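A structure with troglitazone.
Throughout, numbering of the chain's residues begins at 1 and tracks the sequence. Atoms within each ligand, like the ligands themselves, are counted from 1 in listed order.
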Amino acid sequence: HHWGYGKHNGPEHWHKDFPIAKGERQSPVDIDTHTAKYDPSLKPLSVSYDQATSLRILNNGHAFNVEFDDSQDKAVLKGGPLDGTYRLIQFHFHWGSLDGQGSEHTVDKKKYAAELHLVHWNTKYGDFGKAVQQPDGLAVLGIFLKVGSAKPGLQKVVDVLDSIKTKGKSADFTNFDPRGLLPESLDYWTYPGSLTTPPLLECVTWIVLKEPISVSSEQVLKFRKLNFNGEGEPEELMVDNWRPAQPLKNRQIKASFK
Ligand SMILES: Cc1c(C)c2c(c(C)c1O)CC[C@](C)(COc1ccc(C[C@H]3SC(=O)NC3=O)cc1)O2
Ligand SMILES: [Zn+2]
């Protein structure tokens, strides 16, 4: 009986195995656009993905992860609210059963169809496992997806999903360029938070882009054909793999823009 997104093991249950679920800096949150503070001291984000080396795509039973070589400074996030250099290790999505839900963060209580997370770790901690134990260990760049025109840079991801339908399946996934998933603007909100899945560690500086990307209905429909289950288990469609908004508590969301 392990955690997941069902009635019996979903987000409302996670606190029993992971009591920090009720902690002081949990993610995601609702971004109240009118109460976010413009912070003119916030620097532009520096996204350096020109040398990114994708390796593999994995269905881990919760989402699919596109994994990168993080053994060198190849794909790094710097600037914005960050001190030092954060190395890209993986990206994944959260999405809904319907276009009207799927994102983890909300904007004035608006849910997007999906949310992309680009996960980076602070190089001063040496390895991802050490970074997650630190309050400034991770930087996650979150990007909303809305349904409209196709995202050409997403199609290579969509097209490999048939090969990783079930939990524990992986496929080679080299030469994928994550710059093709970015919107035009790097305007962002930022706040201190957590992993949005168990173990829910409070180690993340969240950077959520204001501008969504558009994906086609056909692209997100292919996400919804994935399975939570393993091969030869009863089929459970991988949909609604999002944690709902958690209390903001004693935090202030800062905007990079007016
Ligand atoms: C004891 C121990 C723990 C608890 C440990 C790790 C190691 C090496 C450990 O020895 C590393 C990964 C991990 C198992 C958890 O790391 C994760 C990082 C990110 C995620 C994805 C979350 S965060 C996000 O933006 N959205 C997600 O779904 C899940 C797990 O934590
Ligand atoms: Zn995530």
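- The full list of places where troglitazone can be found here is ligand 1.
- Here, the main chain in contact with troglitazone (ligand 1) is recorded in UniProt as Carbonic anhydrase 2.
- In this structure, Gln133 falls outside the shell of residues with a heavy atom less than 4.0 angstrom from troglitazone (ligand 1).
- Per UniProt, the active-site residue of chain A found nearest to troglitazone (ligand 1) (heavy-atom distance, rounded to 1 Å) is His62, 7 Å.
- Using 4.0 Å as the cut-off, the other ligands and ions found near troglitazone (ligand 1) are ligand 2 (zinc ion).
- Within the set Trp206, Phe91, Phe128, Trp121, the minimum heavy-atom distance to atom 12 (C) of troglitazone (ligand 1) is found for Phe128.
- When non-hydrogen atoms are compared, troglitazone (ligand 1) lies under 4.0 Å from the backbone of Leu195 as well as from its side chain.
- At least one heavy atom of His92 sits closer than 4.0 Å to an atom of troglitazone (ligand 1).
- In terms of protein heavy-atom proximity, atom 5 (C) of troglitazone (ligand 1) is closest to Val132 CG2, 4.4 Å.
- Below 3.5 Å of separation, one finds an N or O of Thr196 facing an N or O of troglitazone (ligand 1).
- The organism that the PDB names for chain A is Homo sapiens.
- Using a 4.0 Å heavy-atom cut-off, the UniProt substrate-binding residues of chain A near troglitazone (ligand 1) come down to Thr196, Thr197.
- Shortest contact from atom 8 (C) of troglitazone (ligand 1) to any protein heavy atom: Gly129 CA, 3.9 Å.
- Considering only non-hydrogen protein atoms, atom 14 (C) of troglitazone (ligand 1) sits nearest to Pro199 CD, 4.5 Å.
- Proximity of atom 18 (C) of troglitazone (ligand 1) to the protein is indicated by at least one non-hydrogen atom lying closer than 4.0 angstrom.
- Taking a distance limit of 4.0 Å, we find that atom 2 (C) of troglitazone (ligand 1) is approached by no protein heavy atom.
- For atom 22 (C) of troglitazone (ligand 1), the closest non-hydrogen atom of the protein is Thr197 OG1, 3.2 Å.
- The overlap between the UniProt Zn(2+)-binding residues of chain A and the residues with a heavy atom under 4.0 Å from troglitazone (ligand 1) is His92, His94, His117.
- Residues of chain A near troglitazone (ligand 1) cluster mainly in the UniProt domain Alpha-carbonic anhydrase.
- Put simply, atom 28 (O) of troglitazone (ligand 1) has protein non-hydrogen atoms near it, under 4.0 Å away.
- The ligand atoms of troglitazone (ligand 1) that sit less than 4.0 angstrom from a heavy atom of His94 are 26 (N), 27 (C), 28 (O).
- Lab note: binding site of troglitazone (ligand 1), heavy atoms under 4.0 Å, is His92, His94, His117, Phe128, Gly129, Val140, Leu195, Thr196, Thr197, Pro199, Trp206.
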